[PDB]
**Q** 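Here it is, the structure in full.
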Amino acid sequence: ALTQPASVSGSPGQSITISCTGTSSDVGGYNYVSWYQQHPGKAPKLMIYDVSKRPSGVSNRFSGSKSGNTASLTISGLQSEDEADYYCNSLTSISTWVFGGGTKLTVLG
Amino acid sequence: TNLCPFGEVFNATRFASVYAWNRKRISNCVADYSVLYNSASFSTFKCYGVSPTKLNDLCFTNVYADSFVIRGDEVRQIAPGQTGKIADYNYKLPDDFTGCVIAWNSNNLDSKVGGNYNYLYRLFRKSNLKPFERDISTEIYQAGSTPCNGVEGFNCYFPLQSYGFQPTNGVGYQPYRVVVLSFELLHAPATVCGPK
Amino acid sequence: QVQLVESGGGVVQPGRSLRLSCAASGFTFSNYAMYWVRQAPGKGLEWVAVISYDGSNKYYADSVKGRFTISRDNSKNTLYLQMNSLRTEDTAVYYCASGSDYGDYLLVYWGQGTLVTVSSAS
DNA sequence: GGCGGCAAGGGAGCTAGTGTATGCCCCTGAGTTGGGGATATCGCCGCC
DNA sequence: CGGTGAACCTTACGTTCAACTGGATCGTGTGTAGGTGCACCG
Ligand SMILES: *[C@@H]1O[C@H](CO)[C@@H](O)[C@H](O)[C@H]1NC(C)=O
């Protein structure tokens with residue numbers, strides 16, 4: 001599987017970064033990562049399409065990036081309503097769709 | 001005077017297989033290539049027989065837009081005087097080509113999981129292809145000196161082979177949508193030029 | 001909009017069969033590859049199975065290899081997952097993802113998904 | 001108040017609507033979408 | 001739901017005088033799964 005921080009915290013307004021890493025096969029060789037946001041008790045829905053892109057209708061603040069073997073999400077001016085789980089996906093060789101794991105975002109309320 | 005229907009070609013839902021490349025006539029419009037950009041990351045836009053910088057200051061009797069799909073390592077074969085499976089069996093361009101080609105990656109949109117069998121290319125043919133010729137017959141192509149009376153099997157293969165597009169293919173093995181505009185001009189009124 | 005509804009299934013005894021059906025509408029079902037993705041209660045996601053756009057090729061996660069069977073029928077526009085030889089650890093909520101236009105290697109629509117509980121109790 | 005030095009006289013970047021140099025895709029090609037090098041006019045400030 | 005058996009160009013490269021000599025090794029470098037399944041005790 002992939003490795004992600006257990007939890008990430010941040011006050012509203014600033015920039016928050018969430019990074020996930022895997023071997024070369026998962027993301028280091030294939031630039032097919034794509035991150036999903038799952039709210040509590042809700043169906044996960046795509047947030048970052050492809051390595052760095054966004055499906056129509058999602059917030060412009062989210063921005064994905066790739067640094068060599070790692071893939072990161074950057075959130076600008078995150079609000080309280082952005083509190084939810086975030087998973088980083090990746091297409092590896094011979095199919096085998098690995099998943100990020102778990103990453104929770106909280107606001108200092 | 002109206003904009004050329006470049007959307008109907010570039011935005012088309014599905015492109016025909018290379019062995020059955022489409023051909024749409026475009027005329028009585030203005031070619032505004034400015035809007036053509038910002039539509040996927042184009043991989044090739046190279047023109048022969050006409051300087052692109054002055055493309056907006058000249059027009060022709062008509063233009064033919066032929067669309068198809070091919071793998072990246074194959075796109076280099078779409079050019080005059082080239083050789084290769086596509087160049088000799090599927091799509092052949094004359095040495096005096098008056099027009100030019102456009103190619104853009106379509107991996108995200110045209111590479112199904114497990115193999116996209118909707119696209120076929122002719123892998124076997126008795127003889128090369130004349131310029132701008134279409135072949136769609138699926139007769140069994142015998143290779144040896146043993147006639148097979150049109151039955152697939154040993155030494156008698158099906159001429160067409162399906163492209164096995166997959167997301168995990170190579171960087172250049174992914175599908176590439178290609179649109180070739182052949183500018184044809186004769187002693188007839190001009191049809192398709194953009195702003196002066 | 002695009003809808004995807006899971007038939008679901010109540011608590012079942014370990015090692016018993018179970019058929020889950022995802023019915024889709026609002027888009028060309030027969031042109032994209034569906035996925036089944038499980039989520040254990042309180043845990044992260046985990047890809048389970050995927051089926052090609054015509055059913056020719058099916059891929060399973062190693063954890064469920066040789067036990068599950070994913071199929072689909074485009075006549076009535078439905079997708080099926082047959083579960084055999086269940087295990088207690090297998091309880092989870094199942095999502096029927098689509099992989100819509102501009103991406104087939106990725107999961108997009110993520111219908112509501114049902115719940116399946118595998119416990120030996122009444 | 002005039003002189004000499006200044007991310008500057010030649011380095012690097014690309015993204016089409018369009019300006020003067022952190023710009024111009026200028027000029028087109030390995031086809032994987034991009035290569036190096038073209039006229040500097042320059043303009044504005046610390047110092048003794 | 002597995003053991004055989006015979007295949008079918010099998011599908012996915014890493015390339016150009018060619019073809020299968022008619023072997024799974026065979027010129028230059030291939031390689032394999034399902035099943036078509038019909039009793040089992042179930
Ligand atoms: C093709 O579709 C894209 C995205 O849907 C759109 O932005 C573009 O304008 C279309 N093509 C043309 C030539 O307008």
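Naming: A, B, ... by sequence-line order, numbering from 1 per chain. Scope of the values below: all heavy atoms of this structure, side chains included, with no hydrogens, waters or symmetry mates. Going by what the header records, the deposited coordinates were determined by electron microscopy, 3.4 Å.
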**Q** Write down the drug found at chains A and C.
**A**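 The drug there is REGN10987.
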**Q** Mind checking which chain REGN10987 touches most? I'd like its name from the PDB entry.
**A**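 It sits in most contact with Spike protein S1.
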**Q** Other chains with a heavy atom closer than 4.5 Å to REGN10987: which ones?
**A**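 Heavy-atom contacts under 4.5 Å involve B.
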**Q** Using 4.5 Å as the heavy-atom cut-off, map the epitope of REGN10987 on chain B.
**A**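 Those within 4.5 Å by heavy atom are B/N107, B/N108, B/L109, B/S111, B/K112, B/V113, B/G114, B/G115, B/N116, B/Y117, B/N118, B/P167, B/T168, B/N169, B/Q174.
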**Q** Okay, next thing: residues of REGN10987 within 4.5 Å of chain B, non-hydrogen atoms. What do you get?
**A**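 The paratope residues, heavy atoms only, are A/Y30, A/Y32, A/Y49, A/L91, A/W97, C/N31, C/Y32, C/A33, C/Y35, C/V50, C/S52, C/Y53, C/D54, C/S56, C/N57, C/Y59, C/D101, C/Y102, C/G103, C/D104, C/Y105.
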**Q** Can you help me figure out which UniProt domain of chain B most of the residues touching REGN10987 belong to?
**A**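 Most contacts sit in UniProt domain BetaCoV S1-CTD.
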